[PDB]
Engineer: 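Salicylic acid + xanthine dehydrogenase, experimental structure. Questions below.
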Amino acid sequence: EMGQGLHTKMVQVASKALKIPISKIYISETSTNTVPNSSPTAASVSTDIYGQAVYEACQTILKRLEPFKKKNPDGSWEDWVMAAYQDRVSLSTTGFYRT
Amino acid sequence: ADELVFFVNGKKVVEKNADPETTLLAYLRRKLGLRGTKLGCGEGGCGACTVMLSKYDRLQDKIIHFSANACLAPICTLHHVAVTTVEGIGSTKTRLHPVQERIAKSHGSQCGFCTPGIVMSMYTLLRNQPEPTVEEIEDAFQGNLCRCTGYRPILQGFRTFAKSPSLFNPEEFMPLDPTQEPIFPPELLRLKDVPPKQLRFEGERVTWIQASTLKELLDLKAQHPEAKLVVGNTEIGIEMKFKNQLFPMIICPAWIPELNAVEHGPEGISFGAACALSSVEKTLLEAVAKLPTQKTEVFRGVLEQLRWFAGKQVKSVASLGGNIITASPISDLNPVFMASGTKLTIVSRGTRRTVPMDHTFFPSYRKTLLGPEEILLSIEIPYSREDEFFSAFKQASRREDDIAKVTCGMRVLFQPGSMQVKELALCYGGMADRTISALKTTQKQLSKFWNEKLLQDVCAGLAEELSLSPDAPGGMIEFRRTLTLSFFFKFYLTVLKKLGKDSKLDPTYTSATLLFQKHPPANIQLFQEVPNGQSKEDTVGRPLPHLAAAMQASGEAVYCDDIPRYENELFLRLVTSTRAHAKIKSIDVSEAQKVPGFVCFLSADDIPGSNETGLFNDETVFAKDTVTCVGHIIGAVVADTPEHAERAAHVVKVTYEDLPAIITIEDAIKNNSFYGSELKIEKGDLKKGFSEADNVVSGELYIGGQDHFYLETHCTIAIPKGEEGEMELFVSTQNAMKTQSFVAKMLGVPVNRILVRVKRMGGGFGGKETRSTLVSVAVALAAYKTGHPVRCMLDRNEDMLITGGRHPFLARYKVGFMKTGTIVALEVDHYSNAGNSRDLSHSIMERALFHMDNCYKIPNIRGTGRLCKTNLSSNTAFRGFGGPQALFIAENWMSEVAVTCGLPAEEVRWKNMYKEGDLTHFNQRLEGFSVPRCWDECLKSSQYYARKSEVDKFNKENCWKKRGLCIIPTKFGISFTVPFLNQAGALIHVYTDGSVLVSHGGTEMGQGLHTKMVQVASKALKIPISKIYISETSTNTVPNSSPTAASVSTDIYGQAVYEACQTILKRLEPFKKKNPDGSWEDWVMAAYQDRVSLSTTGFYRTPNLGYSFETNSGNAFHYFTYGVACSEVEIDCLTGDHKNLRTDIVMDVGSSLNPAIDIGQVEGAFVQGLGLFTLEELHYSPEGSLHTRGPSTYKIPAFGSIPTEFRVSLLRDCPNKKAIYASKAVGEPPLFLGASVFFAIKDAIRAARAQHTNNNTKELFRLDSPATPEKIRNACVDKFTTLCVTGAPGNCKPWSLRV
Amino acid sequence: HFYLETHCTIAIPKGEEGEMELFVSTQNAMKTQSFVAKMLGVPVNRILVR
Amino acid sequence: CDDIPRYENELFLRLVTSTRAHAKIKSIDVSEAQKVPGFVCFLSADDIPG
Ligand SMILES: Cc1cc2nc3c(=O)[nH]c(=O)nc-3n(C[C@@H](O)[C@@H](O)[C@H](O)COP(=O)(O)OP(=O)(O)OC[C@H]3O[C@@H](n4cnc5c(N)ncnc54)[C@H](O)[C@@H]3O)c2cc1C
Ligand SMILES: Nc1nc2c(c(=O)[nH]1)N[C@H]1C(S)=C(S)[C@@H](COP(=O)(O)O)O[C@H]1N2
Ligand SMILES: O=C(O)c1ccccc1O
Ligand code: MOS
Ligand code: MOS
Ligand code: FES
Ligand code: FES
Ligand SMILES: [Ca+2]
């Protein structure tokens, strides 16, 4: 983030893909121990490619939460996440994109 | 004056404004930034702060080197002294010193917090003796404690300085070359030819005057009688730090030559009052070696005491004058100086007198017959005369560096060549509030002859004259009185032997006159070599040392508090309750606010979020309205320095209104005070079982608690980022996830705002899996409120008081068995003291129930469990998690079954043992039950049967010493008994240079988990471990992690890491195929260029788990880890002390991922269990106030506590398909094996009781844990214990009898 | 460029295995990481750029 | 970046740069710099470990 609002946009994207308020999503910083071998933030494509990578990681999460959502359709995002946790289903995932 | 000049690692230090209250430790860490030296207790008992001091000695015209505790050394005593820390002898950036290299490569370093101090003790030794003996090497560590290793490796590695595969190879060690050692600071050498001048230092509250001459000392004292002298500061330092003592004016007379003079006169040897005890020891040893035995009787007595007097660090700074004038009730020297009428030369300006120390020298508590203007100039220890004999004895809890329970000095003068008493003096310590002489008793024996009648008359006299009321401070009334008579008995016999000339006693009575004797160590470790075809780069199964061992030995390894503080960082001090249960009526911070640097007082009202916390939302972050235990956190003070925060907090005044308190398990039962309902597992038919049973035994047993005593106490640094409630914390915890959510809950912000990072812990052992949040949340609140970073590291006393420990257990049992020993029915009701909150108490009781069978098949069985809710700090996880308590209870009734049946214990245990395929009481199948092999193998390698003979023989030839032998098995179920915790995540990145960064949910606390994880990654990816790295554990890399516990970390994280590596391998596969002959680096780069992601997570969920208490079905564990231990001991029936002669252990850890780490885990766990069952004991006042708050009173196993012959074997060819690379969890399983020592002791006591107690061979006497010297001695009933019968003395027979 | 915030870097040496954590005003954490590692002569996994 | 609080022991670096567009570096003298209060060290090419 250098003022172009990339994090704002990635939160907006994650929020849509996951179908939850942006208020439940947060981006703290950029670091080499969370995401390695990253290209520089340049070429005006950051939204294009990181938006895609964030999207993919979100789909993964959604696929893992599916069974719980299907079991408790009227439940809350919070109910599904906890149920997923209690069932020892991983709640962490990478996402990647290649133009 | 004004300027203080000294050196640290060869560098000159000039302090222009030295504050008399500043310790070297603080100065090194804060001022110089040298964090290698650690704070472990600030009490002188752990040695973690050990450093070397060097100076020019004007007398020996030589540079001398000695060790010292930086925590007790005032920098104001260090003018013109050269200090050497761990970073001054070597480092991984330059080159490690042999001492550092060897302790690291010998696997002598685990969590590594104690390593720097032990390194410096060894270094100091070598600096004095380049080729020390094995005995000198062990004695070098009398003042150093380690909680992880079990000590064996440290000694064995250092043994190389003296003079099947191996864990390390001594042939690769770099030779010690003293010519390459750091040279004494040249500048200091010049300053040696300049006469000392009085120096003056002015601090915030204290003024220090370093007197250069005797005249200056006297003038100052004549002018300022209040002035407190200080030499070694090993007493004053304690008084100021722990007794709230403040001395505005201090005078250090250490430089005065008159106070350092040593003179050999006609009547004895005189020492200046400032001479260090180590100097006295040296001079006296020489005198004893050069002079005739008949003249060194008294010197020998002093040497016996010095032998067990603190450690090298304290004896090298503690002075003679200091010990005498401190006038402590438990001084080990004053009773000796008194009994020998040692001469004291006391002076004052214009006056001078010399008197023999006698009973009058100590009028009352902490006082002497010194005038306020007088100072002790010198002491002359008397030469022994003809017909004059002397003895000195000391009995404490632990042999090394411990406080005396009872200590004494004994002397007798006979008429020329007669056995007729001319003079007799029996002086004791620990029997009153001062050193006393049993004058009434001794006066009656004047002119009497040394015989049986005199022995009886003296014992009866002592029992009467040295009485103790039921409220005597320190308790242990029966034990202490028994020791006073036992010591005399030992003196009596010794004198007989001496009068017998020798240059005769019943042979069975001879060992009673013998002083403690060390025995040559003999350690052997057996493990399996890796398959010959295995690749060199595949380290799984190899004895790879801990990845951080070298950095831990060099002091470069960073622990939480070693992290530099920010320019604006503040310090936090918790304000806790001093009442077990009361309403908080008022909190006054008026005085606290006046303390310099005061920033603020935090309480429940300051919490922005919720004040409800705890694993079960059972607790408050800050007590509101009421306190429910001593130590209950009420609030906290934030200040500019640690000192100021501590001072401010101390004066925070809380007014209370007591409420009825429930302290003990018995209390809880009576009041029906419990958490939840009864826990129970029942199988078979009890009524039927007891019916078919030939015999039936009932009883009650108790197991005391235990303090984790991790060398590094609790600690947290909280960094507020000032954005969106974000906070980054560095914490010493095994549970980053709970830390994160508890901080978030208290603050009222989303969990994604909190980042918790754990690089490593200097030990955890379960004490940091939940209770670490008590500090983390409070520090987080401080950071939130001030907007400044804040940190807090607990002092030892706060840690032991507040953080909880192992759950004490009380058990009521009843067992049915056949005359053959077979068990047919068992009923056990367990009760645990849980404290003022639930925490992990429920799961702990569950694990207890799961192990109430140990390794025995019991057809009809019923075990229940109740959690006692009490007004004590909440107890929690501790290596074993309930298993040791339940296993101990099991082995106890099992031992009584053998005794009752009159059959060999090993025989009774074997026929009751489970067999492959059996089901446990909770119906789980035992597959791959390897106890049998461990058992037969241990029996054989230990030579059990043959030694059973050696023991019986010894017991026939010895009357006041006995031996015991016992072989014990164990099984420990592996997995968290809470299903959902059996999950693990990992995250791995491969950078474009091919280096790999691995991250997993587990934390490093010294157990070698990261090391094992790197080994697993290297094998899985088929690349060298040198290309892989693990930096830390953090919530932003691997979320929702289970606490690092239950011994399953390697199992589950190993699997998650493995999976992550598979995915990596899958992605690189296409490139490896394209370029087969290429390198790992070529493939990675190619993958990167083709835009293939080199980052992935890994996850693992342990399969088939889910036990139900309702249906008594389902698998509670993934598999079991097994082991067997045989220990042999020798007890002193007269004092309670005992030797752990030998122990043999055979452990089944499947195919070990690292035999150095495993084995290190086996030895470490065994020693902690050893401590739990025989040495460690916590004492509380009737009101629930913990007395035992430091290493001085809480004695964990020391270097000299381990079995002299310590042999460990890892079972061969026993792959476990239920875990990563066929390995097995090892963390907790071996701990209970320490009980083998407890039962060997019980065996010995049985022999002693058959010797002087009853005649009832099948007698079943109760022995609770820990089997401390008190319990051992009281159990050895004899004519002495009878004359000391607590209460019911010879004066209390009832008027009538007949029910 | 005239970014209102000029170039800036904070480098924190951890004292272990060449580890270093850096807080930098940069659009390229990867290259900062590798260039720092190249200059120091240590594996890239030792350097953390935030 | 620079808003991040400094550690109690944090130091500061100031780059030493060329005043010529193209030239051989004949000599470098830090004798005057060494006398400035607070001076810690001057780093040059030979200090690079990698
Ligand atoms: C971990 C640890 C273990 C210990 N173990 C033992 C043990 O096994 N047995 C035992 O007996 N003690 C033990 N002690 C206490 C022992 O170290 C002190 O008694 C020591 O001998 C005191 O000498 P010092 O020079 O440190 O005294 P200081 O702390 O300086 O204290 C001395 C006190 O004596 C006064 N004083 C000192 N010198 C003189 C003088 N010349 N003339 C007049 N007054 C004087 C001071 O004013 C002060 O009141 C231990 C202490 C620690 C911290
Ligand atoms: N050196 C050291 N070893 C240790 C501990 C420790 O704190 N320090 N904790 C013990 C406890 S209580 C457990 S549960 C396991 C923890 O790690 P693991 O699951 O990998 O074996 O290690 C054991 N070994
Ligand atoms: O079973 C365990 O050993 C255990 C340990 C820590 C927390 C919960 C648990 O069930
Ligand atoms: O010039 Mo922008 O592509 S960084
Ligand atoms: O007692 Mo260890 O399960 S943390
Ligand atoms: S901290 Fe100095 S002896 Fe423990
Ligand atoms: S390695 Fe010694 S206390 Fe941890
Ligand atoms: Ca509890």
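Chain letters follow the order of the sequence lines: the first is A, the second B, and so on. For chain A, we keep the numbers from the PDB entry: what you see runs 1037-1135, in order. So for chain B, numbering is the PDB entry's, and the shown residues are 3-165, 192-531, 537-1332, in order. Chain C uses the PDB entry numbers throughout; the residues present, in order, are 741-790. Chain D is numbered as in the PDB entry; shown residues: 593-642, in order. Excerpt of entry shown; contacts counted in excerpt. Atom set for the values below is all heavy atoms of this structure, side chains included, hydrogens, waters and symmetry mates excluded. As the structure lists them, so they are numbered: ligands from 1, and atoms in each ligand from 1.
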Engineer: Which instances in the model belong to salicylic acid?
Structural biologist: ligand 3
Engineer: Which other chains have a heavy atom within 4.0 Å (strictly less) of salicylic acid (ligand 3)?
Structural biologist: B
Engineer: I'd love to know the binding site of salicylic acid (ligand 3) - heavy atoms within 4.0 Å, chain and number please.
Structural biologist: B:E802, B:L873, B:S876, B:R880, B:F914, B:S1008, B:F1009, B:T1010, B:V1011, B:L1014, B:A1079
Engineer: As an exercise, identify every atom of salicylic acid (ligand 3) less than 4.0 angstrom from a heavy atom of B:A1079.
Structural biologist: 3 (O)
Engineer: Please state which protein non-hydrogen atom is closest to atom 1 (O) of salicylic acid (ligand 3) and give its distance, to 0.1 Å?
Structural biologist: B:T1010 N, 2.9 Å
Engineer: Enumerate the atoms of salicylic acid (ligand 3) whose separation from the nearest heavy atom of B:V1011 is less than 4.0 angstrom.
Structural biologist: 10 (O)
Engineer: Which residue is it, and how far: the UniProt active-site residue of chain B nearest to salicylic acid (ligand 3), by heavy-atom distance to 1 Å?
Structural biologist: B:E1261, 5 Å
Engineer: Under 4.0 Å from a heavy atom of B:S1008: which atoms of salicylic acid (ligand 3) are those, numbered in the order shown and with their elements?
Structural biologist: 1 (O)
Engineer: What source organism is recorded in the PDB entry for chain B?
Structural biologist: Bos taurus
Engineer: Less than 3.5 Å between some nitrogen or oxygen of B:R880 and one of salicylic acid (ligand 3), yes or no?
Structural biologist: yes
Engineer: Enumerate the FAD-binding residues UniProt records for chain B that place a heavy atom under 4.0 Å from salicylic acid (ligand 3).
Structural biologist: none
Engineer: May I ask you to identify the nearest protein heavy atom to atom 4 (C) of salicylic acid (ligand 3), giving residue, atom name and distance to one decimal place in Å?
Structural biologist: B:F914 CE2, 3.4 Å
